[PDB]
Number of protein chains: 2
Amino acid sequence: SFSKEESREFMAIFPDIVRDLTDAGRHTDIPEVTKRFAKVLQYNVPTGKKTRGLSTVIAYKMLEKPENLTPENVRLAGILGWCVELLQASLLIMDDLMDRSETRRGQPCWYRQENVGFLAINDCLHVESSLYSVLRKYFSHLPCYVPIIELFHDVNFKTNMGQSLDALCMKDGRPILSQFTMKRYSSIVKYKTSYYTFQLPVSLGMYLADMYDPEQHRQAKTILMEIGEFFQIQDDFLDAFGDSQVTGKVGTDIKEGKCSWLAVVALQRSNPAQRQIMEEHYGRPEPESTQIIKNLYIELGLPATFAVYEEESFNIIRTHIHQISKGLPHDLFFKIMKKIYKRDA
Amino acid sequence: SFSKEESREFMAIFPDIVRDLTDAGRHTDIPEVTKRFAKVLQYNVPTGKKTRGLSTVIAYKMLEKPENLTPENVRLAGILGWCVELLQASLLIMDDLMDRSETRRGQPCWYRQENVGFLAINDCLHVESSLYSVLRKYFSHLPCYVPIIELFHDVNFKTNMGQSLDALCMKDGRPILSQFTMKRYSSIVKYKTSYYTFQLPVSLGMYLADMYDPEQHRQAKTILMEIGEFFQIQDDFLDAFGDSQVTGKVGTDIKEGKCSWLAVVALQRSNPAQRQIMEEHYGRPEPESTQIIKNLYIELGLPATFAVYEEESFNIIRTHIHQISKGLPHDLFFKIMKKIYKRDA
Ligand SMILES: O=P(O)(O)C(O)(Cn1ccnc1)P(=O)(O)O
Ligand SMILES: O=P(O)(O)C(O)(Cn1ccnc1)P(=O)(O)O
Ligand SMILES: C=C(C)CCOP(=O)(O)OP(=O)(O)O
Ligand SMILES: C=C(C)CCOP(=O)(O)OP(=O)(O)O
Ligand SMILES: [Mn+2]
Ligand SMILES: [Mn+2]
Ligand SMILES: [Mn+2]
Ligand SMILES: [Mn+2]
Ligand SMILES: [Mn+2]
Ligand SMILES: [Mn+2]
């Protein structure tokens with residue numbers, strides 16, 4: 001699980017996905033566009049950690065009867081994982097535009113690159129639409145096809161709802177601090193991250209294994225929602241405190257006024273002088289105001305607060321995994337937690 | 001076809017679509033975003049002329065056997081038409097951002113509204129994803145379900161390719177005039193307009209009528225791509241020469257450096273002096289430059305050229321309809337052609 005050989009097998013599929021989308025004898029009257037789209041895919045799709053794609057394949061191998069794990073079915077799981085990566089890739093291109101970000105995966109964000117700009121918006125829709133072309137090619141004759149397309153449709157819709165709720169942090173260029181509660185936070189991360197990052201890979205593995213029991217999906221969802229919140233809290237910590245040479249990305253939550261876990265906990269922990277600092281300097285374009293907030297986060301001990309939370313939450317999520325039933329493999333959820341716990345990117 | 005009673009019938013379905021997407025007992029934990037999404041849908045979806053949605057219904061009524069046209073099946077054709085309007089709505093939200101436009105349908109472009117901006121990209125993705133939720137609710141029990149889903153995803157991909165070819169008119173802040181050929185133009189229009197505007201309504205009517213023969217779809221496509229080319233040429237003409245109070249939108253093609261029909265024909269007709277005016281002034285943000293280009297278009301006689309094209313093309317397409325397979329209803333194509341060209345005869 002998350003091994004050297006699994007990574008190889010997974011990356012080996014990527015050149016076939018590019019060929020399927022750009023060199024399959026289709027659209028031969030517009031080679032300018034298909035050759036460019038091959039570059040959009042090369043740049044934007046395969047340079048992340050690939051945890052979602054690799055989790056799709058691990059979930060399938062842990063759910064399917066061993067007797068059924070052929071080179072072809074394990075390749076189908078890897079193709080589904082790449083369709084999750086195409087969805088991720090599409091969401092990041094949009095997200096970086098919305099967040100006015102500088103870098104992604106160690107490079108300038110796509111929209112910033114020479115002669116891209118507002119062509120990144122279309123490129124995000126194009127990458128999203130491409131995953132359904134991949135699904136059609138490989139899954140259209142299998143019983144899992146309709147369930148899988150419906151799941152991608154539903155997760156997309158839910159992710160959009162979360163992205164909106166996330167964006168509604170600011171009104172008239174000031175953040176709505178009095179509404180930055182843990183209740184709000186948990187709602188945002190459920191929709192903007194947990195469905196597509198955790199629920200979607202495991203549900204896809206289930207469907208490819210012909211597991212359709214609604215209660216089995218519900219029990220997986222309950223735990224994966226808890227994992228997703230934990231994973232987004234880690235992301236938020238990285239925005240302010242991560243090493244951008246390691247994470248690949250420069251943080252923007254403070255400048256953008258976001259209802260991040262750090263903002264919520266800062267408001268919980270602040271004395272009245274510190275609350276006035278949030279009121280005056282949170283969600284401002286000026287570099288000096290963002291550093292004032294970072295310095296408040298340092299003085300509050302948010303790094304240590306996060307570290308204590310992460311350890312406590314890891315243990316609570318594992319306790320919950322142990323309570324799972326409906327015939328689900330505990331080690332699948334244990335492996336997912338081991339991969340992300342104490343991550344620095 | 002295209003009467004008030006038919007507009008009446010079609011518009012009555014819209015409030016149900018909004019309820020299906022925002023108030024069907026789902027996502028009850030995030031009313032802030034579902035209430036907001038009802039506003040997104042009200043502003044951006046039902047505010048156009050609804051030609052594509054109405055055309056879906058008319059195609060179904062002309063392709064289905066007369067004995068099969070129940071109120072229930074006609075209502076399903078109307079729901080399919082609203083799914084095309086959701087696709088249109090989504091495309092215009094993103095197009096307006098890419099084209100830096102001011103108005104759409106007589107109101108500010110969505111992105112220009114307070115507290116929208118690049119959140120319009122998320123609302124674009126959300127509106128397109130919605131249509132798959134509508135398809136699942138109403139069509140999932142019919143043979144046509146999968147062909148319809150696939151057509152929507154394939155048309156979206158093709159439209160994205162067309163939008164990218166459209167966008168590549170400029171490189172390094174100057175238009176690539178030497179590549180502005182009628183061959184390039186026709187490729188742009190096929191992909192960015194003709195598939196979703198003309199082919200999609202008719203192929204949807206075919207699928208709801210259980211017409212799956214790819215040859216029948218292909219016979220229709222030949223005519224519909226000719227109508228599409230006229231439709232986009234008219235749109236281009238009006239970008240420069242239309243009244244914005246009538247069109248509902250302020251033109252941006254000259255400033256944006258687009259390979260519009262006007263620019264393509266201007267380069268065809270220009271003497272060397274007139275070509276140097278295009279080289280110096282086309283695709284520039286300065287208002288003097290954009291007025292100099294409009295003056296060159298007047299000097300070249302482009303309004304009269306367009307008027308000749310509108311006459312010549314109408315008579316060519318009518319002649320081509322007469323030659324379609326006796327297997328398809330010629331009057332469907334005549335009705336579509338007459339609506340687009342605003343003719344009763
Ligand atoms: O913090 P965000 O939600 O914008 C982020 O996690 C992206 N994202 C978008 C939706 N869910 C996650 P990233 O930090 O990668 O920029
Ligand atoms: O001229 P465009 O292609 O941008 C346009 O026709 C929209 N559009 C987008 C794709 N096909 C058409 P509009 O003039 O409405 O802004
Ligand atoms: C949901 C979130 C936190 C977005 C980034 O996801 P990752 O941190 O998994 O990014 P990549 O590996 O895909 O780059
Ligand atoms: C493809 C084109 C020319 C975009 C606008 O289409 P319409 O002129 O049909 O727009 P609405 O009626 O939907 O506003
Ligand atoms: Mn971001
Ligand atoms: Mn974001
Ligand atoms: Mn983040
Ligand atoms: Mn436009
Ligand atoms: Mn455009
Ligand atoms: Mn136009």
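Order of the sequence lines sets the chain letters (A, B, ...), proteins ahead of strands, with each chain counted from 1. Remember, it's 1-based here, ligands and their atoms both numbered in the order they're listed. All values below were derived from every heavy atom in this structure, side-chain atoms included, with hydrogens, water molecules and symmetry-related copies excluded.
Counting heavy-atom pairs under 4.5 Å, the chain with the most contacts to ligand 1 is listed in the PDB entry as Isoprenyl diphosphate synthase. The drug located at ligand 1 is named zoledronic acid.
Other chains reaching under 4.0 Å from zoledronic acid (ligand 1) with at least one heavy atom: A. The deposit lists the origin of chain A as Phaedon cochleariae. Within the listing of zoledronic acid (ligand 1), atoms 11 (N), 12 (C) sit less than 4.0 angstrom from a heavy atom of A:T193. Atom 3 (O) of zoledronic acid (ligand 1) has A:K192 NZ, 2.7 Å as its closest protein atom, hydrogens excluded (heavy atom only). Distances shorter than 4.0 angstrom do not occur between any heavy atom of A:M98 and any atom of zoledronic acid (ligand 1).
Among A:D235, A:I188, A:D236, the residue whose heavy atom lies closest to atom 6 (O) of zoledronic acid (ligand 1) is A:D235. By chain and number, the binding site of zoledronic acid (ligand 1) (heavy atoms under 4.0 Å) reads A:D95, A:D99, A:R104, A:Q163, A:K192, A:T193, A:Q232, A:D235, A:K249.
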